[PDB]
Amino acid sequence: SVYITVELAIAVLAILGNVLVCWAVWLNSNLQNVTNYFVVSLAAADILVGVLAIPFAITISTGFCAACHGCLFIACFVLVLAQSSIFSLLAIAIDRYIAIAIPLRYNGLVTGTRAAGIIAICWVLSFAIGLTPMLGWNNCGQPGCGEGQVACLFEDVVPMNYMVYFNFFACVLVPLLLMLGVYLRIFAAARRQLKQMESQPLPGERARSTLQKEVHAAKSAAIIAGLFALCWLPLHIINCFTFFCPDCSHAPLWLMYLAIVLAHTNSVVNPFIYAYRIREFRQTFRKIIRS
Ligand SMILES: Cn1c(=O)c2c(ncn2C)n(C)c1=O
C-alpha cells in the first residue's frame, strides 16, 4: 500500500496547488492577462489529474471488470489531460514569442477572446485524440469477468501502435519539437533586441526592463515545458523499447509505476514553479494563505 499512499499524496498536492493558482488569478487582477488564460487551462487539466486521473490510475493498476466504453474511458482519460497540457504549453510558447517578436501586434492578435476560443478548441481536440482508442482503435477481447465485461488492463485494452505512432510521435514528440523550435527563435531574437538596444543613442531603460521581463516570462514558460518532457519522455521511452523491440526485456512493474508516478508528478511542479519564478505569484499566494 506504498504506491497507493504516494499516489494519494500527489493527488492532494496536485489539487491544492493548481486550485491555489486558479484562486490567485481570480483574486488578483494583475494576473488576469491573456497569457494566464492558458495557465488556467493547465491548472484545470492538472487538477483533474489528482481528481480523476490518479484515482483511475490506481484502479486500473490492479485491473477490474467493465464494458469496453467504460474501461477505455478510465484508461484513456489520462491521455486527454496529457494532450490538453500539450496545447496549453504550445500556446504559451507561441504567446511568449508573439510578445517579443511583434510587441505591437501582440495586443492586436493575442486577445482575451481568442484565448478562450483556442482553449476550447484545444480541449475538443484533446478529447478527439485522447479518446481515439474509443473510436474503434482498441484491443477489447483480443486473443474471468464474464460476457459483456472485459478485463480492464491498460496494456491489454489499449493498442501499442496507437500510443507509439499516433500518440507519442505525432501528438507528443512533434509538438515538443515545435515548442523547442519556438523557444529557439524566442531567445535568439530576444538577444538581438538587446544588441540593437546596445547600439542606441539613448538609455531607454523602459524598453530594456520590459524586454528583460518578457524574457523572464518566456524563460519561466520554457522551464514549465521542459519539466513536461522530462516527466513524460521516460514513460514513453519505456513503451518505445517494448514496442519497437519485442526482444528487449519488457519493462518490470516496479519500474513501470515509477514512470507513471513521474508523469502524475508533473501536475504538481507548476504551482511551485510560479511561486518561485514569478515574484507576483508568490506574493499572491502568501496573502491568500495568511487570510
Ligand atoms: C501512460 N501510461 C502507461 O503507459 C501505462 C500505465 N499503466 C501501464 N502502462 C504501460 N499508465 C497508468 C499510464 O498512464
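For the single chain, residues carry numbers from 1 onward in sequence order. Every number for a ligand or one of its atoms is a count from 1 in the order of the listing.
- Here, the main chain in contact with ligand 1 is recorded in the PDB entry as Adenosine receptor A2a.
- PDB records give the name of the drug at ligand 1 as caffeine.
- Measured between heavy atoms, the transmembrane segments of chain A lying under 4.0 Å from caffeine are, by UniProt's N-terminal count, 3, 5, 6, 7.
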